[PDB]
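Order of the sequence lines sets the chain letters (A, B, ...), proteins ahead of strands, with each chain counted from 1. Read the numbers this way: they start at 1 and go in the same order the structure lists the ligands and their atoms.
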Amino acid sequence: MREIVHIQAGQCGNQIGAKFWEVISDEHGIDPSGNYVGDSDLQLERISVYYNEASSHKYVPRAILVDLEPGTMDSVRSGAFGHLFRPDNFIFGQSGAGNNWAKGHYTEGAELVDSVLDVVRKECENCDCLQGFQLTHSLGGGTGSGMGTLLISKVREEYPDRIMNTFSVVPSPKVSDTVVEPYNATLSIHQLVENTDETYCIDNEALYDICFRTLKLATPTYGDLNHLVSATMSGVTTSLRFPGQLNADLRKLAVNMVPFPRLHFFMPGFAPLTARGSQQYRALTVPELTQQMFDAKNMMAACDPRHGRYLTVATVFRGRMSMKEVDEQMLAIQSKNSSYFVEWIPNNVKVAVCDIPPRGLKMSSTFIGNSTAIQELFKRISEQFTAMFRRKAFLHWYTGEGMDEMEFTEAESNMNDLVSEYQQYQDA
Amino acid sequence: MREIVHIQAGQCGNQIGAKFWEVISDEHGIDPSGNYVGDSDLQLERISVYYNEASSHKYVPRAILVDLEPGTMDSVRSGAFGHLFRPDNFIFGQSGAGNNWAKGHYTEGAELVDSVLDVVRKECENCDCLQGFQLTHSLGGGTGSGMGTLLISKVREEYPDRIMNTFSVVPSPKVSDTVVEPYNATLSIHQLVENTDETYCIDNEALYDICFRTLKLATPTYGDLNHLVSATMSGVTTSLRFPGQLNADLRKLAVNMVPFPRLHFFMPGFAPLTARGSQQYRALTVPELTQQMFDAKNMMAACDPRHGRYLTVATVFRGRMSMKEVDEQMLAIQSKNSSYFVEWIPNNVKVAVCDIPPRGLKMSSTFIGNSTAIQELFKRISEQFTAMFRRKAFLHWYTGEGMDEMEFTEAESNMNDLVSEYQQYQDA
Amino acid sequence: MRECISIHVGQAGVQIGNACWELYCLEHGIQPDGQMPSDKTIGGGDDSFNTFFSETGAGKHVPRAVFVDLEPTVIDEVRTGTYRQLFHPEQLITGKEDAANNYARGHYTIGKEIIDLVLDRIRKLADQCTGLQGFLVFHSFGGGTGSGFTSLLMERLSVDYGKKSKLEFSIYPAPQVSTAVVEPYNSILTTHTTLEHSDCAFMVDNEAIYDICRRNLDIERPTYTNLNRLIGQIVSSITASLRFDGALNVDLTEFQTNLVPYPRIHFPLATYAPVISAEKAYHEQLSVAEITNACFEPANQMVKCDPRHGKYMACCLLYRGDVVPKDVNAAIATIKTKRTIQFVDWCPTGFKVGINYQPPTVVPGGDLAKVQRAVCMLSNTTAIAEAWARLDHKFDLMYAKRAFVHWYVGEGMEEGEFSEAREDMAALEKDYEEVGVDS
Amino acid sequence: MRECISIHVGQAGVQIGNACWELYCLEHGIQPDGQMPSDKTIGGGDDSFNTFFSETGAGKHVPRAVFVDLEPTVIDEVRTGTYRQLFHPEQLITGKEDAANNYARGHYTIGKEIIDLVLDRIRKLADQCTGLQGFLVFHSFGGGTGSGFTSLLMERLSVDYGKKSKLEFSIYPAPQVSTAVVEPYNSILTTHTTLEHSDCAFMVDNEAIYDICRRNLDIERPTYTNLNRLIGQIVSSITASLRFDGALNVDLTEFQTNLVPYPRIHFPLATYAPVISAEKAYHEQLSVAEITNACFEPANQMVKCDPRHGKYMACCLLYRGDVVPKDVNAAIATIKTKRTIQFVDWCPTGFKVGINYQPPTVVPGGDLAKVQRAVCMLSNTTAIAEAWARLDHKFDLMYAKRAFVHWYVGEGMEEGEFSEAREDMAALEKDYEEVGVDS
Ligand SMILES: C/C(=C\c1csc(C)n1)[C@@H]1C[C@@H]2O[C@]2(C)CCC[C@H](C)[C@H](O)[C@@H](C)C(=O)C(C)(C)[C@@H](O)CC(=O)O1
Ligand SMILES: C/C(=C\c1csc(C)n1)[C@@H]1C[C@@H]2O[C@]2(C)CCC[C@H](C)[C@H](O)[C@@H](C)C(=O)C(C)(C)[C@@H](O)CC(=O)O1
Ligand SMILES: Nc1nc2c(ncn2[C@@H]2O[C@H](COP(=O)(O)OP(=O)(O)OP(=O)(O)O)[C@@H](O)[C@H]2O)c(=O)[nH]1
Ligand SMILES: Nc1nc2c(ncn2[C@@H]2O[C@H](COP(=O)(O)OP(=O)(O)OP(=O)(O)O)[C@@H](O)[C@H]2O)c(=O)[nH]1
Ligand SMILES: Nc1nc2c(ncn2[C@@H]2O[C@H](COP(=O)(O)OP(=O)(O)O)[C@@H](O)[C@H]2O)c(=O)[nH]1
Ligand SMILES: Nc1nc2c(ncn2[C@@H]2O[C@H](COP(=O)(O)OP(=O)(O)O)[C@@H](O)[C@H]2O)c(=O)[nH]1
Ligand SMILES: [Mg+2]
Ligand SMILES: [Mg+2]
Ligand SMILES: [Mg+2]
Ligand SMILES: [Mg+2]
């Protein structure tokens, strides 16, 4: 019925996307070879949304890997669950972007966009009724931030009716690994607000905090962070793959989330998260999970929800729970946190319940929230951009690729307009 | 590769040159007959610089012996290492100079200069890439000072792009075995200052002092004095014959030695020099050799360097030693003796290191100094010349050979200018 | 697919290249004769050695390096020693007469004689090169050949290709230690090629390495061999990302992206740590935080300048071994909290992190001790301007009296050329000071 | 190659020549018959005897000497002595009547009649030689033949060759001891020809040699034969360097250039040391310094004049035997320090050193003792003028009365030449004092 096409761009997108497919395969009971080894019938009822049937009983995902370097593909291909992908879907460059945004959009990005548009067009006609596309990339890099932005604009023109989903991370305030991060982030934001239906912001610093205080882990790893992101992705689109008492597809959530086209920035979250020694003293009840959703340290973003107000909240429940309980706790939270909710919107909570629980857990749920506190994240990026653009530092590299100085000014102005719109709704 | 042509003129040059080839043959392990009996491959790697290969594994020196009397050649031929030289290289006169500069340069040299020009010319085409010429002669004599000077001009005109070396002795202030020493010495400095790139001054009085106190020898011999001169000769061109960590050929040393074309007079020095009794008490360290090199008693010239400032200093090390130790020793010497070195040049030390040590010695070094105290040696010669020229003493002997009175005056005026330039920069 | 070409010019370059290639073969398990025991040395081979070693025939690996010198004495040792079979004989090019510490001889008289031959060898290697990332050159400022021939070589490479980044590895003259009288003249005249043709110049000082070996390595009398080994480790760590695999990899192009704020500012400095002996290894722990702090100290720097006087503009950190990203982030925060270290206001984020997996390799019979972690520091600071001042003062005093000028003039130089180079040196120092001024 | 011709004229010349040639043969080993024994057998004698003798046939040597005299009695002794076979019959030239102590008789009355045969003999000897170093002439001023024939013969030699040195050995008349009544006339008349032609004349006085033999050699009454034996030693030592090898060698062409500053001043003196007997040799330790002091002693000088009255202009030092250069340098340094010996102001260096390996040879039956060292002194001084002054005063007294003048006039002399000779002689004395005037 409904099919979703997955696109991975950049080193960060490929690593996160690789872990995402492993979780999906485990949920659907697909072995790394490609066969079905499950013990249920509901697993194959909606397998066409992500997997394409092949000869005998093999299935291949609708995932396309895009990068300007061959190193990422080699690690993914040789890694676990790497041979299950289609070999033709592997598209890689040879020169690389060098963490430069301009290389992947005007100089060398145009030399490979045509190749990747052929594959996605071929995949689009296969689906009986496609619903949208999801893209994983990083806004701080050069390949994913640049090439991914170009792909979004190109795909939007061909299909201006499908939903656009972007799981893109943003530079952290304290943790930083690149010098030219502010330039890349500002340029990519200019296009996301005008071409992407909804974005999900993930902060690496917030992920480290979760694994340090909530998970109580000693040595966090990049694989651990990718697992948290992958879990959120499954929760968002669990209604399309499994039946439920009250299901809500991607379009249903989008209508109830965004009140205006320009306000489509959300903060993700997942519950419950307990350590290995706290399993005995933890109770798997609806009251316990609900409390964790409206919590500062459980958020995957550095922004503090208590600073601003919650515009619209959408939570999806997985498992078997009574509808009476889930219809009361959210009302109690809204009443108790009336100071943290907007006034002109009577109801700010969207409730969706799914029947199939995840692997190894009796009950689970995901939290997705639209709040005005996200404006703080863009405020810091604007301040960093102005400081570096004041002295025209690290600008000859960007200028030499073919861009213009006035392009930077336009991107800064639009980002300043975005936070201004968020200011007027919360203050009033 | 690079080869050097050696010319011997006069009795002093023949005796000194004969001892010089003995040291070179011992260093290269060549027996007097002419067969290689060495035990190292490095000896034959760069043997073409001084020896010309022949049939039956025989080598002949690239040396020419020039004299106006046959007595010196007979002693050299019948002496040790006499048959090694090529018989065709023996060109001798029959009349002699009689300690007269006029006869050697005008009356007698002209008849034999053409014959000796054939032999020196013939060696050049056999030479692959000649580097320069070294000539040994005595300024106080008549043959070497007179005719040997004429040979310098002839070679300069034919080869105006090659360095000229002259390891020559100078008349001593107190030691004097001839009556017309100032007349011959004055008439030779005029030509040397024009057609020579580097000149080394040897004083017999200074050599006797070293053999009396530094070496504690009971009775001196002319062979012992010639051994010191030959040792200095080998140390100058050790880089061209053996490899090292830091190499420096004659041209490399020459450019760093002369700041101006006219100032090209240096004083040599060798270290260590100890008696047999003190051999078991002294140590073999870099600081031990440095102290002797910068001592007035070890200087080979009668001039005392403590009365003037050193312009440039050349030091070549032989043996295995650390580069850190040698770097500090010369820097410390310059720092401590700040008043003894020139001011407008920051560094006055050139360092060269040769891996191969001399025979029967772990480490050794040769000292070359372009001090400003060399003008005293020319000053004492001028006083003797003026005293005899005032009374026109012995002028008829020189005039009878075709010389003119005005020619003597020109040589005196040029010599006075030479000491003025040396004093000008020293007192600047 | 990605490969690099190394060029060595002069006596200094050849010796450094001999030590650098000695470690390169050991890291990849290549015997000096040329056969790699692939039966026991199991490796990928896609980029482990293809970047630097090109396979030919069956079981033969030849380095992609060119050895150029105007005197045959230095090169003949390479053609005679243990590594004679490693290098292709045509790659070693020898002359007949050296420059004799004269910039003019190596650039106007002797350089033009063999310039055609060396260019042909580079072109031949470029034809076999599928994709070339850049060129690495090793030379010295003091020597005439190291300053004259190198300047003439880079001017031909810039015209020939004009699109490949070139890295420079040069030895800066020491302030109080010198081995020649005409060193200041050569240093000033060679600044033209290091400012316009070279995209990034790495400078080391012999005096600084001597102090490091005496105090850290406990070597009372270090030699040239020990000095070259430390320099070789710097080059290996820089190119380790292109040869091995790691969580975060930084290539040659990415180095200039974050370390070159302005086109005329491309003179950073290198720092390596930890360097300790075997005796102190057993009595100390080499943590991520500890090694990072040692790099920022002025005593461990490879240059004799004082970093505290100047200010930092761009920094790059390379990690090798069992380095985890979590420890690096914590260590960076502590560095930014110390008030001794100062950073420019216009650059809020000036840290680049590159983590590799291959641990450092120790050459048998060497001086360094086996360690599990290593950090290569490349920082562009304004304290470099102090180094220019010391060399400028010596040149002014010597040129005032016109000492040794006639030697350069007679070989084809002009008195006006010296004045022009003086203005360029002063302009470069002024630009460094201007950027460091606070706003 | 190096050859010389010796000419003996007069009774004195032949007598001295007989003693000199005996010394020469013994130094080389030639037997009086003229056959070289197997001890030498012409071994290494390229210049040992070629300079003096010549090889004819096999086992026969002939000296290159010409014996010319106006009376046959003196020549008869040579033809009757043991050395008759050694000399060639044609070389010995006799005469009919002597000069009878008359300068004109040996110049005009008889000189030109027999001089024709002498010239041919010299020409024949000259053609045999290849390179002629010069000529040696022995005569006496007092003798008529030694003053008349010598003057005419010397003039003809200059006309023929005029390019070879002609050293002269002459005996000056004693201030008091005399055996003739026309000695002042003969001595004065021959001064002009010696100054005009001879480049260097060595003057000796019989009185001085008598005192040396009486005191130093401890002889109660010296004879003429003993005097001649001493004279041969200086001549042998003078030409020792030409025939024997040594460290520093002085040839016959170096004596003039190192002794005469002006052409007119060519009258040096001679001194030989040590001269002792065998008994004194055992009780005396000969040393280099000791012999040098004896040479400068006026008592040991061979001229009656006192050198301390005058000044030294040029000095020569010839060493024979085991002599080292170091000892000579120290010895001459002490001489200059002594105040008693005075040197000319315009001559800073006036010492010539010559060392010969061959030790002196002692003829059997001679009073000279065997000493390993010997020094020959050839010094030019202004004190020689006093000796000339004595004879000049005697000539003035005789010429005033015109005693025995008619004897010279009868044979062809004129009173004008006698006056001219006095004027020429007085000019020589005046020039000697003029040069000796200080600044
Ligand atoms: C099953 C469970 C919690 C639980 C069960 S009943 C109760 C109350 N809470 C979680 C897994 C959870 O599905 C996620 C979101 C999966 C999230 C994965 C977590 C966050 C870690 O990264 C992961 C790699 C771990 O370190 C391991 C070892 C798997 C665990 O410690 C994490 C851990 O606590 O396991
Ligand atoms: C080996 C050595 C010195 C030394 C070793 S460890 C130390 C400290 N100093 C030198 C030899 C050296 O070769 C020269 C330059 C020696 C040069 C030759 C000298 C000048 C003399 O001519 C030579 C005959 C000598 O008098 C002798 C006594 C033989 C000397 O060479 C003695 C002697 O061995 O002296
Ligand atoms: N670290 C190090 N430096 C060296 C080494 N060899 C030479 N140098 C440097 O090089 C300088 C000597 O001059 P070179 O660079 O060799 O001169 P060149 O390149 O041969 O050029 P020319 O002198 O004209 O022949 C010294 O001051 C050293 O600083 C070495 O092995 N290690
Ligand atoms: N030394 C030395 N001198 C001698 C000897 N015999 C003679 N005389 C010198 O000769 C002088 C004697 O006169 P001669 O010289 O023989 O006269 P002459 O040369 O033969 O000439 P005439 O007398 O004219 O025949 C003496 O005054 C001596 O000085 C001698 O045997 N030995
Ligand atoms: N959570 C997470 N972040 C990553 C991962 N890989 C890279 N990143 C982040 O991505 C940033 C670097 O982006 P980069 O890979 O250079 O982007 P590219 O230029 O498109 O390849 C770093 O700051 C990392 O924090 C990953 O596997 N997980
Ligand atoms: N060092 C040294 N000096 C010598 C030797 N022989 C002579 N002399 C010096 O040279 C000077 C004489 O030079 P001479 O040989 O006559 O020169 P010539 O006439 O050109 O051959 C004397 O003052 C000696 O001191 C020798 O073998 N060694
Ligand atoms: Mg990356
Ligand atoms: Mg000589
Ligand atoms: Mg060189
Ligand atoms: Mg007679």
Open item on the list: Just wondering, what drug is modeled at ligand 2?
Closed with: epothilone B
Task: Main binding partner of epothilone B (ligand 2), per UniProt - done: Tubulin beta-3 chain
Open item on the list: So, with a 4.0 Å heavy-atom cut-off, what else is touching epothilone B (ligand 2)? Just the chain letters, please.
Closed with: B
Open item on the list: Mind pulling out the UniProt GTP-binding residues of chain B that sit under 4.0 Å from epothilone B (ligand 2) by heavy-atom distance?
Closed with: none
- [ ] Specify the organism recorded in the entry for chain B.
- [x] Mus musculus
Task: epothilone B (ligand 2) near UniProt Mg(2+)-binding residues in chain B (heavy-atom cut-off 4.0 Å) - done: none
Open item on the list: Can you walk me through which residues contact epothilone B (ligand 2) using 4.0 Å for heavy atoms?
Closed with: B:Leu215, B:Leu217, B:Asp224, B:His227, B:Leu228, B:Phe270, B:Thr274, B:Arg276, B:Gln279, B:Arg282, B:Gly360
